[PDB]
Protein chains: 4
Amino acid sequence: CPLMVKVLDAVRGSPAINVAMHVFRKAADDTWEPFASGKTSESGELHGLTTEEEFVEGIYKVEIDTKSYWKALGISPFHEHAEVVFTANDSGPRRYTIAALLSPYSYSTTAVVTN
Amino acid sequence: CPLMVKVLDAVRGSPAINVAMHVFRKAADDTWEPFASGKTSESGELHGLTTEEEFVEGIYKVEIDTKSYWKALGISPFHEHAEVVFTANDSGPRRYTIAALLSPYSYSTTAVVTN
Amino acid sequence: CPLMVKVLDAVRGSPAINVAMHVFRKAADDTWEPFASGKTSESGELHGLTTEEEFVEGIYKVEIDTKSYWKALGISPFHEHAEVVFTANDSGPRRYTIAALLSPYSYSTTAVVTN
Amino acid sequence: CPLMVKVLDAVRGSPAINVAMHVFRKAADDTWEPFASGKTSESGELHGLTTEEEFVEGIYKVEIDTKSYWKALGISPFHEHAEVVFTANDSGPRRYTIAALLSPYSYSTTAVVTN
Ligand SMILES: Oc1ccc(Cl)cc1Cc1cc(Cl)ccc1O
Ligand SMILES: Oc1ccc(Cl)cc1Cc1cc(Cl)ccc1O
Ligand SMILES: [Ca+2]
Ligand SMILES: [Ca+2]
């Protein structure tokens, strides 16, 4: 599993469950092409987005639909979504964990990259 | 000044100086129309981006060129840029400050909305 | 003003107003000697804590009463307080800003050290 | 395992390995009594600090020795340590994960609390 995402809720102190996200990859004509999508599980994790063979070098974008998450809790948040954009596998295959910590008016994102 | 940006550097504990950013407004065709841009000052701040008359309700994207900032310091970063996408809504008088705290493999962004 | 504190609220996207804090300096017997205190202003800031003459090298602790802040808003928090412990070292002229970003189950703290 | 700690390094995008920490519990005479200690593993995690029977209601403090971590990497950081203080098990037994994301001049801490 070369690309995993983990989402936490800073207001409830819990994993952020059922958060939708879409992954895009920048194509040669400079447009974002759909690559994968899913929702976080009861542990706030989304696994199995791609495989090592499919996850080639490129620029990738992960859009995390945080607005729908907060709205379903009755909160009207600041951000439309959290956006994480990065170059992947530029120096060979790696495993990427993208983490996001969510509050209504603030979020953080970090990456753990292992070889 | 209805919209200001502040950028900080969590590695050196200083304002992030000379950071370039563009602001976009979402159009009817779901494309990003460039709206404003600048570089942060010696205090890590960017003012004068828009006016009250021009800053109408809509979805806005602030794209912060964090990769060039870290490259200038000789540090290999994870993200291509830091992206802040938000819905601007007229709920009374409101001035927006977007803050971003930068590390090579992590960033946080917060909004302070005051009257 | 060699030492200032700024406190923000990540749930409401506003300065954290009326937050109490104490500052301690570590003594020779490893006890915490109270040094200064105050409450944050309408801008979420606390100034005037110390002077250059008094703010000597040493280890300092800023203890921010975040629990009472969330309790006043009717929100059950995780932390008893937010604690910032740091070594102050004379490396040229230096003014310290301690920032803290608060959520019910999470906090971040940053230092901006400038000349 | 009712108390686990996870530490990440925001500069290298990796778990923070070999980070020491000490856990204290506030005694009836208002002093901090030693409770448990350990170092994070190759995955940045510290497990097996306590058991459900030993981990009674009380106020607990986790001191994470971040200064020694950065110093061993050649960085001179701002903070002496990261301090997390909280009331545990006030409404019955819970499982606590304390997470810390570290940069030289900034850190965040979050708690995931499950039943
Ligand atoms: O608005 C201000 C003003 C001064 C400072 Cl120093 C930090 C912030 C915001 C901020 C604080 C923290 Cl603790 C983390 C990330 C942030 O953007
Ligand atoms: O990956 C995990 C798994 C469990 C937990 Cl509890 C926190 C993180 C990362 C994290 C920590 C902090 Cl302190 C802030 C934002 C984060 O994504
Ligand atoms: Ca309206
Ligand atoms: Ca000295």
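The order of the sequence lines fixes the chain letters, beginning with A. To match the PDB entry, the residue numbers of chain A are left as they are there, and the shown ones run 10-124. Shown for chain B, in order and in the PDB entry numbering: 10-124. In chain C, numbers come from the PDB entry; the residues present are 10-124, in order. To match the PDB entry, the residue numbers of chain D are left as they are there, and the shown ones run 10-124. Both counts, for ligands and for their atoms, begin at 1 and track the order of listing. Quick note: numbers below take in every heavy atom, side chains included, and nothing from hydrogens, waters or symmetry partners.
PDB records name the drug found at ligand 2 as dichlorophen. The name UniProt gives to the main binding partner of dichlorophen (ligand 2) in this structure is Transthyretin. Under a 4.0 Å heavy-atom cut-off, the other chains found next to dichlorophen (ligand 2) are A, D. The set of residues with a heavy atom less than 4.0 Å from dichlorophen (ligand 2) is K15(A), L17(A), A108(A), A109(A), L110(A), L17(D), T106(D), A108(D), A109(D), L110(D), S117(D), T118(D), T119(D), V121(D). In this structure, atom 17 (O) of dichlorophen (ligand 2) lies nearest to the protein heavy atom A108(A) CB, 3.1 Å. In this PDB entry, the source organism listed for chain A is Homo sapiens.
Counting only heavy atoms of the protein, atom 5 (C) of dichlorophen (ligand 2) lies nearest to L17(A) CD1, 3.3 Å. Counting protein heavy atoms only, atom 12 (C) of dichlorophen (ligand 2) is closest to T119(D) OG1, 3.8 Å. What sits closest to atom 15 (C) of dichlorophen (ligand 2) on the protein, heavy atoms only, is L110(A) CB, 3.4 Å.
The nearest protein atom to atom 3 (C) of dichlorophen (ligand 2), hydrogens excluded, is given as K15(A) CE, 3.6 Å; this is a heavy-atom distance. Within a heavy-atom distance under 4.0 Å, dichlorophen (ligand 2) reaches the following UniProt L-thyroxine-binding residues of chain A: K15(A).
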